**Student:** 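What we have here is virginiamycin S1 in complex with 50S ribosomal RNA.
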Amino acid sequence: XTXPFXX
Amino acid sequence: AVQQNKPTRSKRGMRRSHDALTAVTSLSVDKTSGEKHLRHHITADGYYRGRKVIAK
Amino acid sequence: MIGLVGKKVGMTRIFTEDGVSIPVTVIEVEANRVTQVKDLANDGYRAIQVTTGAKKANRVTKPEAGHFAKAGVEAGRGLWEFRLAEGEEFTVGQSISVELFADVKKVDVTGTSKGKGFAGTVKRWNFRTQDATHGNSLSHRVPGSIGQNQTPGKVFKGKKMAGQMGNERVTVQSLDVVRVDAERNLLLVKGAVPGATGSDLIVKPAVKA
RNA sequence: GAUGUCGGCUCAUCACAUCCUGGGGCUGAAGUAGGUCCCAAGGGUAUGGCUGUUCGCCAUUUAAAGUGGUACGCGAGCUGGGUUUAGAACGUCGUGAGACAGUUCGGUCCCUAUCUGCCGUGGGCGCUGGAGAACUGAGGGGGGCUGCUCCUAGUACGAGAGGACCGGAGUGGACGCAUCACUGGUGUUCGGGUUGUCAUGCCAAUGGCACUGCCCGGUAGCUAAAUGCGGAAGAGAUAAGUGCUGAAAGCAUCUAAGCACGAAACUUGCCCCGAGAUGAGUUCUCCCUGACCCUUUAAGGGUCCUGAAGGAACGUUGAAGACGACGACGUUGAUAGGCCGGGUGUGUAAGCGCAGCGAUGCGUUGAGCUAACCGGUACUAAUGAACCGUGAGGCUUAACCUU
RNA sequence: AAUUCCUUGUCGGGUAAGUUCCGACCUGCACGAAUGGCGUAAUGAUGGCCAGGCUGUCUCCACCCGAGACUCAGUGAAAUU
RNA sequence: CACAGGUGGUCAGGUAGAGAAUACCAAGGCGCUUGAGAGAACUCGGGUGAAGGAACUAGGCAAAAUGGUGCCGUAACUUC
RNA sequence: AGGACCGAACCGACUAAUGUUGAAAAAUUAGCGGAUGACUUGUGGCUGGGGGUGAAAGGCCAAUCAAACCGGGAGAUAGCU
């Protein structure tokens, strides 16, 4: 949900 | 990272075909004490090549 | 023509009158005894089998002892074969000295290179090391990519990877012959040759020429 | 009920519409140097400034800094600058919440590899009696780059300026392999200097700890920046191309018959692997020359005697090694440790004496100590045995012994 | 310009070479005066840029000391299917 | 969880030191409940490095470097 | 004298690496900020869910927050799988 998995 | 299919019992057995243990071929016999022992190792009673190494 | 089997003694230098230092590898070439001669009629090709050095009598197996007995020569530490160039004739039991290289002026030296054991791609294939900083995560000396995407879908044969390095047959060609000492059974060749001290070396005249 | 994205890094692989090198036709090709087209994919094919950039511009190189495919190759290989969450501003739009493919600062990249694949390395069995070796080479990989200078020759060519083809020699760049003699790095297993502190009763002398306390040197090994070598020549068949003879077609014509040249491509030549090459090959050497019983009577089973060549195991081990493997040796013995001698390194030990009030200096003294190195030495450990492996090796046919 | 789309604007400085930076110019796409304008010493784990020193960040990696990885004995998971 | 975490007050030795920092120690308490070998790649935590010295990179990230006391000396600018 | 300076305890959390089926459902290691103050800390108390508190991030309110948790309406409804 934060850009790249899982940032 | 992980399997896509469950390996078979056959595949498990094949991998274990090299896991068998090997027994000692033979045990040496002390010339004086007469008991059997691993080659190049002292006997249980402290003998080695019939010399009666420390046994305390 | 035929070569000879020698032992790597070590490396030294030869000082010339003109103030030049020549790095030389000292090779001990003892008399090579012919143990078998092969011909087209029996073996389908021409060659000679030679032995050198000495071996413990108690450590020579009976099959090997019979082979030496037939040729009437003392047992050596090994057996090597050399092809004949359609103009060379040798007889069983003949001894070949280092004088064979009296006027050769250039030889090929073959031996077993030093064994490096399991080696990484950086050492084995001169792979470029990745960044030591700037965010690199546990990928400082790793190979990196080893292929392309779905299209090939496989790693190609012959891909350069980590593995055993050294301890294999290696030949160095066109080495100048510095000196031949029949009395001391020594052969000095400019430069280095494969293998460690005391290893077996095969010396043949340069094929390139 | 997820097929991770721009760029970079690492590692690549193929295509040829060829950037360089190689071979040619034409030229408004004198030469040098070019233009254009054909053949050719063997190898080679920049570093930096700016920007997240690909790209591009610029600086300076190079024989050349090729064009493309590979999920615009490659994040279960790395990165996270760009893009694309949540914070916050500027410009702009909106009354406002907010918004913009406008800008700006900040902002978690997980996975121990089952299978395929790949790089290495073993076990099993097979190859038809067993065993120890040396080979043949079907097949498969590696390698294949090129500058500059000099001679030919200031010759050919050219009004001059300028300036060769062909051929030969030398010396470099990049790349690859090997090696440690040299030059060096490393050398927490060698020696020394030195700070703080604790301890060995104390002095003296040493040891522990403080990143090896901090440092100065340095053996062996490993190693590059160190020093040796390599790309080839040659041969076969060709590509584009050039030809000879020669008809169809009285001529002409490189072609239809026949014949000769022709490139870094192709097949060899060079290096390495290689008989699981089940098409399992060849050569040399070595070992085994018992006696019975049963029966569904055969490539049959069992008992007794026998246990070879050789192997394995165990032990001491190696410039061999992840483990297996591989090599050396096991008392008829230098395999390892120790020991002896030497070398090397460090740099004048301790004790004692002398000089000085003392810190210290000097003599004994290039002393003491000294790892992996060199040459020697059975002092220690590598034990007699035991174990595995057998007892002449199927059938058919042919030629031979008894051509 | 934390604001400028065109745009790496133009010129100068700095560099062998500067889409960033600094100083000017003003054609302000779309600054502007308490949702403040323009200056400002000091302050800042704040943004951008340039120097000296320093270095394995790099050219280009080499060796060494330790903990894992590897082997033996004991114990003994996981995602997935 | 026999878990590298969290948890208020009190006591405060010696040498060096400005010090409750830091190093080595006293009293006292511990060696952290798998070991034994080997000395490959690779990963982790460190040491050293020829010549060059930011050529790295989005960016000097990381690393290296500076580091104490006394005296001397100390710019633009400034709200002094 | 000082929301003064350097720096332990103490309170914080700027950078990097490790870890990411971790020793740990946010920590470790090396650096880093404040450290007489708008400081920090023990004990007890008060504020309750469209409400609290908030030097303001939609932060926090028991590992849960653009409307906590527990029970109930309840087998809400689901033209969708």
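So you know, we letter chains A, B, ... as the sequences are listed, proteins then strands, and number each from 1. The entry is not shown in full; contacts are counted within the portion that is. Structure method, as recorded: electron microscopy, 2.1 Å. Modified residues: shown as parent amino acid or X; atoms beyond the parent skipped.
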**Student:** Got a sec? Need all the ligands or chains for virginiamycin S1.
**Tutor:** chain A
**Student:** Under a 4.5 Å cut-off, which other chains come into heavy-atom contact with virginiamycin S1 (chain A)?
**Tutor:** D
**Student:** What molecule name does the PDB give for chain A?
**Tutor:** virginiamycin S1
